[PDB]
Each structure stands twice: as structure tokens, then as C-alpha cells.
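See below for the structure under consideration.
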Amino acid sequence: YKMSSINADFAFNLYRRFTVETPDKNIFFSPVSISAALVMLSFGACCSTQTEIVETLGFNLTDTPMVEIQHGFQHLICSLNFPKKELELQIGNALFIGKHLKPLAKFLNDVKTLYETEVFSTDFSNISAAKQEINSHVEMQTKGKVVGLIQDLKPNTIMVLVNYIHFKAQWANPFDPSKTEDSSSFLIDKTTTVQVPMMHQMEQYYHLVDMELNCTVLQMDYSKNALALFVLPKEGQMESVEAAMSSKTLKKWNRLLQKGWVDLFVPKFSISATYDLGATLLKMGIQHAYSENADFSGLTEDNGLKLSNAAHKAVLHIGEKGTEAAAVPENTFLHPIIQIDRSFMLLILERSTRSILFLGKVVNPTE
Ligand SMILES: N[C@@H](Cc1cc(I)c(Oc2cc(I)c(O)c(I)c2)c(I)c1)C(=O)O
């Protein structure tokens, strides 16, 4: 439906902003975790403070009113977090608000019930302790994956917004670790290579050669409800492919991907990136939230509350097993070969709601 479509466009707009902030470097975030976190924040906001968030998120208030957007994200969060057999998936977020400001009981229950949101009362006069509280909550929620989310914290800080995702899944076709090459050449520039181990399997994969956008798209299924999309642009075409990415593009690929026997070569690697979302969201329209003129009346009765920081970090491993620790010890040329040896874009999607669990660019897979 339309919400999936509107969230994917946000994902690619948010992605592009990151390409101007940090050009020619790795990008990695959970757009759905961000999109859901902002709506949640919005719930406690009033007037133009609230209005701005939903419009930066990509929604039109004439098309769909605020209550419908809430009920939609209500349903999206609930369906995602629903424990499905062979998949661990949790999209969550928290708030850390200065002890002197009392959040409303209605708001508290509403966000825990409808948005999977815990709200914490934190003392920000001890920026050291305050950091350790926050980081440990994300470290706890993500089962040790996302460590040390927040490095910097101003003495001013009044409210800190944190969003995250927990993801654990197996490949539908797991790789043979014995078939993994120890050191393969991987292009990052046009005049730099790095040694990345290269996993090797020949199996049936969905793929496409896009003649219009000048890239190869490969789909690798997880066993339950999730898939990876590897987008490999021809040389010099990385940025034009970045311009191309939209909801309209995915719909195209969904219609056109074909299954066949492929000699597949995929790098074994871990990617992580950490963001303070403020600089880009400020550019993208969310003003009044960070402002001294913030209206968060739905959240608290008493005065002086506003958003200090929105912080998010995404971590993902690509291994032989799936999204899990490897630690594993140690025929023909008439198959069409797909070899991911250059810098590529990467998408992790969830099937039933068409959400983007992860998006990013891998420029260099060795941190
Ligand atoms: N063909 C298979 C595999 C597949 C699933 C998804 I999820 C996807 O990504 C999107 C994202 C958005 I946003 C859409 O509106 C659509 I349509 C597809 C693509 I590409 C392929 C399937 O359908 O399960």
C-alpha cells in the first residue's frame, strides 16, 4: 500500500542527504526505524511542530489526516514486531527526558502500547552517567550489536531521541564456508582495491540487468519474510543510480526480476554507521521540534521541553550463515556469473509490509 511507497521515497531522500553530508563514504541506516521513531515523536507534538515531522516524513495532510497516519504506523510497527517462526525482528525506540520535566500518563501508555516506546526520566547534569544509561539500553535492546550509540552530549540536552532495530535471520540458501575465498580483490575507487573474503555459491537467484539505470540487481532471500537487494552499478554509474532510486524504481524491479542458475560471488563483511539525525532533518523540514519555540503539549504539562538530539546507529553482518557470527574453521564455467567486486548499494526489505529494514552504500567493506 501507499504508506510503504511513501516510506521508501523518504528512505531514498534521507539517503541522498547523507551522500552530500558524507560523500564517497559508507552509509548505513534503518529507514523504517527512523520513520517510525519520528511519527512517535510527532504523537506528543501539537500544531506546526507536529505538522512538520509528518510532512518531512513524506506525507500530505490533505490526502491523509493525522489520525490515519497514526493508525497506519500503529499497524506497521505491530506487524513487524510480531514474532514469526524463523526470524527475530524488533523495531524500537526510546526517549530520555530531563528529570525535572514530567511526561503525561496518557502519552506514556500510548507510546508503549502503540509504538513500542519506552520513555525514561534521565539526569542530564551528569552527561557521563546519562550517556552510559542510554548506550546500555540500546546495547541491551540490540543484544550486544549496537554498542556506544552516543559519543557526544551537550550539557544543555533536554530530550534525547533514540531509534534502533534488532535483526537476526538465516539465508534461504546458506553458504558453504569451505567455498569462501580467503582474500579477493575488491574495487573501492577506480584506482584502489582492498582484500575482502569472497563467499561463493552457485544456486538459483532472482536478478535483473537494468538497461535504463545501468545496473545489475541481485536478490538473496532470507528463510522467513526478509530479503537482501544487492544493487551493482556499472563503472562510473554509482551516482546516477543514486539519483534513480525511488519507490517507482523498486516497483519496476519487482515486476522484472527473473530467477535463474547463477555463479554468485558475495563479499563477507560487516557494515556499521552512526548518525545524529539533527543536521539533515533540520534541512529536510523538521524545524520547530529542535527550536526554542517547540510545541510538545501532548507529551508534558510543564514547560521548556524540546528535542535536543535524535541518535541512531545501524549494524549488519553479511556472512555464510546469514546475519550471524561465522567463526567456522577450514566445477563449471558455463554458468552466468554475477560478481559483486565493486562498491554497491544494499537494501534489506521485509515482505509483508514492504518496509526497508536497512539501506546503504558499501564503498569499502573493510570498515
Ligand atoms: N518480488 C518479491 C521480492 C521482492 C520483495 C519486496 I518487499 C521488494 O521491494 C518492494 C518495495 C516496495 I516500497 C514496493 O512497493 C514493491 I511492489 C516491492 C522487491 I523490489 C522484491 C516479492 O514481491 O515479495
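We number chain A the same way the PDB entry does; the residues here are 20-349, 358-394, in that order. First listed ligand is number 1; within each ligand, the first listed atom is number 1. Just the heavy atoms: all of them, side chains too, but no hydrogens, waters or symmetry mates, feed the values below.
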inquiry  = Hey, which drug is sitting at ligand 1?
reply    = L-thyroxine
inquiry  = Could you tell me the main partner of L-thyroxine here, using whatever name UniProt has for it?
reply    = Thyroxine-binding globulin
task = Find the residues of chain A UniProt lists as binding thyroxine whose heavy atoms come closer than 4.0 Å to L-thyroxine.
result = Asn273, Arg378
inquiry  = Hey, which organism does the entry list as the source of chain A?
reply    = Homo sapiens
ask   = What residues, by chain and number, sit within 4.0 Å of L-thyroxine when only non-hydrogen atoms are counted?
value = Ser23, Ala27, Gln238, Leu246, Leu248, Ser266, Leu269, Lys270, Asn273, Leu376, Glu377, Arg378, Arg381
